[PDB]
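Note: structure shows enalaprilat engaged with Angiotensin-converting enzyme.
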Amino acid sequence: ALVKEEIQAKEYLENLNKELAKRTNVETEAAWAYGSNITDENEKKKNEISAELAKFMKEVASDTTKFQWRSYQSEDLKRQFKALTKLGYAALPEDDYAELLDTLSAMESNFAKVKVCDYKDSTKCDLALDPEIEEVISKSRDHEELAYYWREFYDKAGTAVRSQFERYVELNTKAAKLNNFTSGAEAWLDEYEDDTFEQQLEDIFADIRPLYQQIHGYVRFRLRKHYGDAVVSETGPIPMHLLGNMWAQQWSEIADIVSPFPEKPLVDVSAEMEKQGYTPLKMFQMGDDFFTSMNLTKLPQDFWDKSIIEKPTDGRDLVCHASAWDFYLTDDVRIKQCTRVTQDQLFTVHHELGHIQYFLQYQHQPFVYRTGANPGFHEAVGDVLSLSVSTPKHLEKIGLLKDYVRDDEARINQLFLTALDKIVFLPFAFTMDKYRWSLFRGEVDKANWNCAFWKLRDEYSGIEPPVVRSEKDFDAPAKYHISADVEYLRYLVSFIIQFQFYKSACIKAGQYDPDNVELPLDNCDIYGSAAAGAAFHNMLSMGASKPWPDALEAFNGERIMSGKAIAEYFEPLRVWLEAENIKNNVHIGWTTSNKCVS
Ligand SMILES: *[C@@H]1O[C@H](CO)[C@@H](O[C@@H]2O[C@H](CO)[C@@H](O[C@@H]3O[C@H](CO[C@H]4O[C@H](CO)[C@@H](O)[C@H](O)[C@@H]4O)[C@@H](O)[C@H](O[C@H]4O[C@H](CO[C@@H]5O[C@H](CO)[C@@H](O)[C@H](O)[C@@H]5O)[C@@H](O)[C@H](O)[C@@H]4O)[C@@H]3O)[C@H](O)[C@H]2NC(C)=O)[C@H](O)[C@H]1NC(C)=O
Ligand SMILES: C[C@H](N[C@@H](CCc1ccccc1)C(=O)O)C(=O)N1CCC[C@H]1C(=O)O
Ligand SMILES: *[C@@H]1O[C@H](CO)[C@@H](O)[C@H](O)[C@H]1NC(C)=O
Ligand SMILES: *[C@@H]1O[C@H](CO)[C@@H](O)[C@H](O)[C@H]1NC(C)=O
Ligand SMILES: [Zn+2]
């Protein structure tokens, strides 16, 4: 009978979770070794261990049918069993799974191994994205130089893997259908446990979209004054190579030429960091300090012993794209980052340490619950601290910002700078998954795959390639997450919910009061706040033990994902910018791009 079985089921789950953690540890070590050191041998090792774990998962999913788990009284036991039924790629036949792994490593290794020739020196051909190409994209204001590096990178990181990407789409679809999802889009969306999640995001995006259009319009206007009308048109999409980022996902690198008040201070602490002799180690130690200051968990010795926080100086190939790793034991957590001493990198350090903190907070949970409440929660943690670190308030405390006067104009500059990262990113993030969803769902014919990408980038972000592209090119995989098969919606969710977390943490810290002019949201510093840390502890320690609205409720008593907080943060900017665009007769919106030939 069911009472006796449920008791047996509890014991079954307890043992199985511990077994799954141990088996996943082995897979994770092999994946770490490959990412840290790309070789044919490490690839083979990584993929063979994954195939072995996949085989075990199949047996697990099969064994769940021996339990009447849907009949059980315990919501907790039912939730754990449900988690185990979800095979993902491991549902594929043995041979198909092996082919998918080989396809995935082919794409990620291609991305990681991209090298281009110097614009001025065709003999020097060892320029990698990180740091060489990204340095040019972020710093150069020579539009032809920028266009050169754009084309070279997209051709090598994107177009080169079209056939592998096509096969990946086929196998991802096959896997999804074996799990009885319609496509990989539904498989990804399942992580958010909400059948209205897409509509919710459409509604939030629509509310914020008008603010994006104002920022876009103003940036385009300012770029015209810098580059001239031969390079930037008033009415067309912005040429994306001028936006300071390879994918135009964040525009903060061009703040010095588009800032509302160029005669007033604009926060850029990179120079001071270098002057004061900052190192990657110091940046991570400072991140550690921020977390512990909030009464959260200190980084364990394994982190310091085993992390890679600087680009290796030997000849080896590796994945330099920053990442945080859980090894599913106790206190074995690691970061791999090719750390540079810049302001932007200080934020990346805090982002990655947010992941690490989440790992530490939930490591006592059973294996199946050792992940984020939803993928967006995991991405949000570090960014909440980054919002605080980025404030003039905090940066003055740590001696990185000197002789700063926070008048009305300096505040607008700072808000605009933040928006160049936070608002600009929203349409970008949405398009990454809108694109892949449309491919997964079979909504775009193979003949139209590349122009379908640029169509979305045009429709949502109002940006376009610097040169004419066609279906002979394939540009999507030039973005890491697309080559590496990492779901992107997590970042759209994060950029919305991080402001919900930040607003609440700031209120708990006594750092934000909407009726107090001396306590504005955009200058809140949660450093040293045990009350803010307590909220994080309450939420993060849950892991995935409960549906995400329960995790949000543990933080601040709310159960709904909302664009209220992000709009509240930027409201003073919205008011000022709307007026400024009217004052300067700024054209808003854009004509359809001519840069992808069908
Ligand atoms: C995705 O969706 C798929 C459906 O589109 C689904 O595939 C189905 O899974 C079913 C398993 O749940 C499976 O059902 C079995 O069918 C057997 C006979 O199938 C043959 O004939 C069919 C035509 O009539 C064909 O379509 C098939 O291809 C086969 O040729 C049955 O023999 C079998 O039965 C046994 O099991 C049931 C279930 O028992 C349950 O558990 C306890 C006992 O442990 C019961 O007390 C309880 O009541 C409960 O029912 C017993 O009742 C029975 O006595 C037998 O022991 C069973 O019905 C089905 O064949 C399969 N395919 C199709 C096309 O339907 C996938 O599983 C889904 N995938 C995922 C990941 O969810
Ligand atoms: C730097 C960061 N890395 C990823 C890593 C994703 C990942 C998942 C699984 C395996 C390898 C890498 C992360 O979320 O930490 C990142 O890609 N981020 C942060 C914000 C937006 C997004 C971007 O830069 O596109
Ligand atoms: C990289 O891997 C190779 C074998 O694939 C190994 O011999 C070598 O020690 C590794 N290099 C480094 C720097 O760890
Ligand atoms: C730190 O957290 C613990 C529980 O994790 C709590 O009991 C303690 O009160 C906190 N310290 C402070 C100063 O709030
Ligand atoms: Zn992240």
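Residue numbering for chain A follows the PDB entry; the residues present correspond to positions 17-614, in that order. For ligands, and for the atoms within them, numbers begin at 1 and follow the listed sequence.
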Which ligand or chain identifiers match enalaprilat, all copies included?
ligand 2
Please list the residues near enalaprilat (ligand 2), using 4.0 Å as the heavy-atom limit.
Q265, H337, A338, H367, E368, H371, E395, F441, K495, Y496, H497, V502, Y504, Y507
For the 3.5 Å polar cut-off, considering only N or O atoms, please tell me whether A338 and enalaprilat (ligand 2) meet it.
yes
Nearest neighbour in protein (non-hydrogen) for atom 11 (C) of enalaprilat (ligand 2):
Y496 OH, 3.7 Å
Around atom 24 (O) of enalaprilat (ligand 2), find the nearest protein heavy atom and jot down its residue, atom name and distance.
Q265 NE2, 3.2 Å
Find all atoms of enalaprilat (ligand 2) within a distance of less than 4.0 Å from any non-hydrogen atom belonging to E395, and give their numbers and elements.
13 (C), 14 (O)
Quick check, please: with a 4.0 Å heavy-atom cut-off, which UniProt Zn(2+)-binding residues in chain A are near enalaprilat (ligand 2)?
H367, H371, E395
Would you check the N or O atoms of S339, main chain and side chain alike, for any that come under 3.5 Å of an N or O of enalaprilat (ligand 2)?
no
Which residue supplies the protein heavy atom nearest to atom 1 (C) of enalaprilat (ligand 2), what is that atom called, and how far is it?
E368 OE2, 3.4 Å
Using UniProt domain boundaries, which domain of chain A contains most residues that touch enalaprilat (ligand 2)?
Peptidase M2
Can you tell me the protein heavy atom closest to atom 9 (C) of enalaprilat (ligand 2) and the distance?
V502 CG2, 4.2 Å
Can you check whether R506 has an N/O within less than 3.5 Å of an N/O in enalaprilat (ligand 2)?
no
I'm curious, which organism is chain A from according to the PDB?
Drosophila melanogaster
Just to confirm my output: which protein heavy-atom neighbour is closest to atom 23 (C) of enalaprilat (ligand 2), and how far is it?
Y504 OH, 3.2 Å
Does the protein put a heavy atom under 4.0 Å from atom 4 (C) of enalaprilat (ligand 2)?
yes
When you compare enalaprilat (ligand 2) with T364, is there at least one nitrogen or oxygen pair between them that comes in under 3.5 angstrom?
no
Find other ligands or ions closer than 4.0 Å to enalaprilat (ligand 2).
ligand 5 (zinc ion)
Return the nearest UniProt active-site residue in chain A to enalaprilat (ligand 2) plus the heavy-atom distance rounded to 1 Å.
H497, 3 Å
Closest protein heavy atom to atom 18 (N) of enalaprilat (ligand 2), given as residue, atom name and distance to 0.1 Å
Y507 CE2, 3.5 Å
Could you list each N/O atom of enalaprilat (ligand 2) together with any protein N/O atom closer than 3.5 Å, one pair per line with the distance?
unit_1                 : atom_1 : unit_2 : atom_2 : d
enalaprilat (ligand 2) : 3 (N)  : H337   : NE2    : 3.4
enalaprilat (ligand 2) : 3 (N)  : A338   : O      : 3.2
enalaprilat (ligand 2) : 14 (O) : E395   : OE1    : 2.8
enalaprilat (ligand 2) : 14 (O) : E395   : OE2    : 3.0
enalaprilat (ligand 2) : 14 (O) : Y507   : OH     : 2.6
enalaprilat (ligand 2) : 15 (O) : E368   : OE1    : 3.4
enalaprilat (ligand 2) : 15 (O) : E368   : OE2    : 3.2
enalaprilat (ligand 2) : 15 (O) : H371   : NE2    : 3.2
enalaprilat (ligand 2) : 17 (O) : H337   : NE2    : 2.8
enalaprilat (ligand 2) : 17 (O) : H497   : NE2    : 2.8
enalaprilat (ligand 2) : 24 (O) : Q265   : NE2    : 3.2
enalaprilat (ligand 2) : 25 (O) : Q265   : NE2    : 3.3
enalaprilat (ligand 2) : 25 (O) : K495   : NZ     : 2.8
enalaprilat (ligand 2) : 25 (O) : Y504   : OH     : 2.3

